[PDB]
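Read the structure below first, then the notes.
Counting from 1, the numbers follow the sequence of the chain as shown. We count ligands from 1, going down the list as the structure has it; atoms in each ligand are counted the same way. Quick check of the header: X-ray crystallography, 1.3 Å.
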Amino acid sequence: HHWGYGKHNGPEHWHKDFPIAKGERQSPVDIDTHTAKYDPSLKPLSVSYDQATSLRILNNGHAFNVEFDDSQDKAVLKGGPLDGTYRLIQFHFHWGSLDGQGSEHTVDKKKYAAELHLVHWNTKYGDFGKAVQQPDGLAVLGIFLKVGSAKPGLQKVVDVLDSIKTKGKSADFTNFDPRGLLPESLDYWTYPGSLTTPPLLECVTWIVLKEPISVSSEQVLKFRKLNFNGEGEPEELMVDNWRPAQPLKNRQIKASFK
Ligand SMILES: C=CCN1CCC[C@@H]1CNC(=O)c1cc(S(N)(=O)=O)cc(OC)c1OC
Ligand SMILES: [Zn+2]
């Protein structure tokens, strides 16, 4: 009886195995655009993905993760609210059964069709497992997806999903360029928070881009053909793999833009 996104094991149950689920800095949150304050002291974010080395794509039973070589400073996130250098380890998405839900963060209670998370770790802690034990260990770049025009830079991801339908399947996924998943603007909101999956560790500086990317209906329909189950098991479509907004508590969301 492991955690997941069903009736019996979904987000309202997680606190029993992971009591931090009711903690002081949980994610995701609703971004109230009228209460977020412009912070002129933040910087421009620096997203340096030209040397990124993707390796593999894995269906982990929750989402699919595109994994990178993080054994050197190749694809790194710096600036904005961050001090130091954060290495890209993996990206994944959260999405819905229908276009009106899927994102984890919300904007004035608006749900997007999906949300991309680019997960990076703070090199001062040496490895990812040490970083997730620190309050400043991870930086997650979050990007909303709306349904409209296709995202050309996403199609290589879409076209490999048939090969990783079920939990525990992986495929070679070399030479994928994550720059093709970014919107034009790097305007963002930021706040201190958590992993949105168990173990829900309070180790994340969240950086959520204001500008969504557009993907096609055909692209997101291919996300919804994945399976939470392993091969040969009763089919459970991989949909609605999002945690809902959590209480903001004693936190301020800051804006990089006026
Ligand atoms: C070294 C320990 C930390 N490990 C322990 C098992 C998962 C946890 C790592 N969690 C993540 O990387 C992880 C984080 C997120 S999220 N939405 O960025 O918090 C999602 C995910 O899979 C959809 C993840 O699993 C790979
Ligand atoms: Zn995520």
Checklist line | ligand 1 drug | finding: veralipride
Check: Of all chains in the model, which has more heavy-atom pairs under 4.5 Å to veralipride (ligand 1) than the rest, named as UniProt has it?
Finding: Carbonic anhydrase 2
Check: If you take every non-hydrogen atom within 4.0 Å of veralipride (ligand 1), which residues does that pick out?
Finding: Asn60, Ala63, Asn65, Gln90, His92, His94, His117, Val119, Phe128, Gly129, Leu195, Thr196, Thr197
Checklist line | Per-atom contacts of veralipride (ligand 1) with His94, taking only distances under 4.0 Å to non-hydrogen atoms | finding: 17 (N)
Notebook entry, point to check: Which UniProt Zn(2+)-binding residues in chain A are reached by veralipride (ligand 1), meaning they have a heavy atom under 4.0 Å away?
Noted result: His92, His94, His117
Next item on the list: Note all other ligands and ions lying below 4.0 Å from veralipride (ligand 1).
Entry: ligand 2 (zinc ion)
Item checked: For atom 10 (N) of veralipride (ligand 1), closest protein heavy-atom neighbour -> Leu195 CD1, 4.3 Å
Check: What is the nearest protein non-hydrogen atom to atom 13 (C) of veralipride (ligand 1), stated with its residue, atom name and distance?
Finding: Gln90 NE2, 3.7 Å
Notebook entry, point to check: Considering only the protein, which heavy-atom contact is closest to atom 3 (C) of veralipride (ligand 1), and what is its distance?
Noted result: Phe128 CE2, 4.0 Å
Notebook entry, point to check: Which residues overlap between UniProt's substrate-binding set for chain A and those with a heavy atom under 4.0 Å from veralipride (ligand 1)?
Noted result: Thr196, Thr197
Notebook entry, point to check: Please state which protein non-hydrogen atom is closest to atom 5 (C) of veralipride (ligand 1) and give its distance, to 0.1 Å?
Noted result: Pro199 CD, 4.4 Å
Next item on the list: Quick one: look up the protein heavy atom nearest atom 15 (C) of veralipride (ligand 1) and list residue, atom name and how far away it is.
Entry: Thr197 OG1, 3.4 Å
Checklist line | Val119: numbered veralipride (ligand 1) atoms lying under 4.0 Å from its heavy atoms | finding: 18 (O)
Notebook entry, point to check: Which UniProt active-site residue of chain A is in closest heavy-atom proximity to veralipride (ligand 1), and what distance, to 1 Å, separates them?
Noted result: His62, 4 Å
Checklist line | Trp206-veralipride (ligand 1) polar pair, N/O distance under 3.5 Å | finding: no
Checklist line | Numbered atoms and elements of veralipride (ligand 1) in range of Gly129, under 4.0 angstrom, heavy atoms | finding: 1 (C)
Item checked: Closest protein heavy atom to atom 23 (C) of veralipride (ligand 1), given as residue, atom name and distance to 0.1 Å -> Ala63 CB, 3.7 Å
Check: For atom 22 (O) of veralipride (ligand 1), what is the nearest protein heavy atom, given as residue, atom name and distance?
Finding: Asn60 ND2, 3.6 Å
Note to self: Which residue and atom name correspond to the protein heavy atom nearest atom 26 (C) of veralipride (ligand 1), and how close is it?
What the structure shows: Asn65 ND2, 3.0 Å
Note to self: Looking only at distances, can you tell me whether any N or O atom of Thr196, backbone or side chain, sits closer than 3.5 Å to an N or O atom of veralipride (ligand 1)?
What the structure shows: yes
Next item on the list: Give the UniProt domain of chain A containing most of the residues in contact with veralipride (ligand 1).
Entry: Alpha-carbonic anhydrase
